[PDB]
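The next PDB entry has kanamycin among its components.
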Amino acid sequence: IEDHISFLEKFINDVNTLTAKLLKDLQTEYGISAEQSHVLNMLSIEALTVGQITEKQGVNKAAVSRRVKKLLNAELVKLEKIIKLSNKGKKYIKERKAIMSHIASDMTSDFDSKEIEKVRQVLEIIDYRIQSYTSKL
Amino acid sequence: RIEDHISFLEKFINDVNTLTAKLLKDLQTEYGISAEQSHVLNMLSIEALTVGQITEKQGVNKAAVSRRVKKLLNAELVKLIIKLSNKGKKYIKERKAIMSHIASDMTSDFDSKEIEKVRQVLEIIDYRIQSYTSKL
Ligand SMILES: NC[C@H]1O[C@H](O[C@H]2[C@H](O)[C@@H](O[C@H]3O[C@H](CO)[C@@H](O)[C@H](N)[C@H]3O)[C@H](N)C[C@@H]2N)[C@H](O)[C@@H](O)[C@@H]1O
Ligand SMILES: NC[C@H]1O[C@H](O[C@H]2[C@H](O)[C@@H](O[C@H]3O[C@H](CO)[C@@H](O)[C@H](N)[C@H]3O)[C@H](N)C[C@@H]2N)[C@H](O)[C@@H](O)[C@@H]1O
């Protein structure tokens, strides 16, 4: 009802808590911060400019800028103008997907591919609508 | 196969985060709080906890959290322990009103069976997540 909204909130919070911990090392190894890690993953889908990363994130442009030219300085991200990723930035993503899919696999090894398929169809349809509403304001 | 489901879940979450971010700017601006401050009010909307555990859930490191707490204490949004105020209840309510109306108007053409099956699959995955997290 609005039980689903609370569940989702709690589900997303839980996924972030797990992700943080599993990614603590890789991040330390890269000089990277959590939020920077995110930008690097947020940027895993499309090249973005500071404002877009700020809008799609809620935080004050100031903070988003500090962590953005730290990634350029680290050659983890790059200009063109927009912001794409660099090999060291990619290698990070690979190492990230790897830690993620190894545990994701675990807790889902006894799942039924068909049931998961339909579930996703629904989520993809809600994702589509979420993005759509987000375009206006 | 799963590498894909991971990307989507992640995109799905990125989009949910984006969306709540836009739908709540005006409101946080209104109650004069930052987004991080908002999130802090939402965990305490559920239950109240001290600083020690408040950062353990988050992930944002050293004292950064206690700084949000005292920031929120100053607006009379959070009472000391540290829980939630009467002023805080209003925000969440207003927050929930927005989140729900939109979430409903976005799920309203689906078949109850359909949604439930989604919940049941996300619940089980959340059950394994925590259980894995717990095993520190
Ligand atoms: N605080 C808010 C302000 O931050 C930055 O100002 C400066 C940062 O503070 C510096 O980073 C410092 O603080 C970081 C943690 O935040 C540390 O990791 C780092 N070692 C420190 O050198 C960075 N090198 C230059 C940057 N111009 C942003 O530009 C500005 O938009 C924002 O308003
Ligand atoms: N409880 C489950 C919910 O968790 C967040 O709810 C809160 C957000 O997290 C806040 O986000 C900002 O404040 C966080 C504080 O820690 C920062 O970490 C984060 N990087 C910031 O952008 C936002 N401003 C308010 C929102 N009520 C998610 O957004 C939401 O999708 C999910 O349903």
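Letters go in sequence order (proteins before strands), and every chain restarts at 1. Values below: all heavy atoms of this structure, side chains included; hydrogens, waters and symmetry mates excluded. Note that ligands are numbered from 1 as they come in the structure, with each ligand's atoms numbered from 1 the same way.
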Q: Determine the main partner chain of kanamycin (ligand 1) by heavy-atom contacts and give the name the PDB entry assigns.
A: Transcriptional regulator TcaR
Q) Which chain letters have at least one heavy atom nearer than 4.0 Å to any atom of kanamycin (ligand 1)? A) A
Q. Is any other ligand or ion found less than 4.0 Å from kanamycin (ligand 1), and which?
A. none
Q) Which residues from other chains neighbour kanamycin (ligand 1) at a non-hydrogen distance under 4.0 Å? A) A:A62, A:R66, A:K70
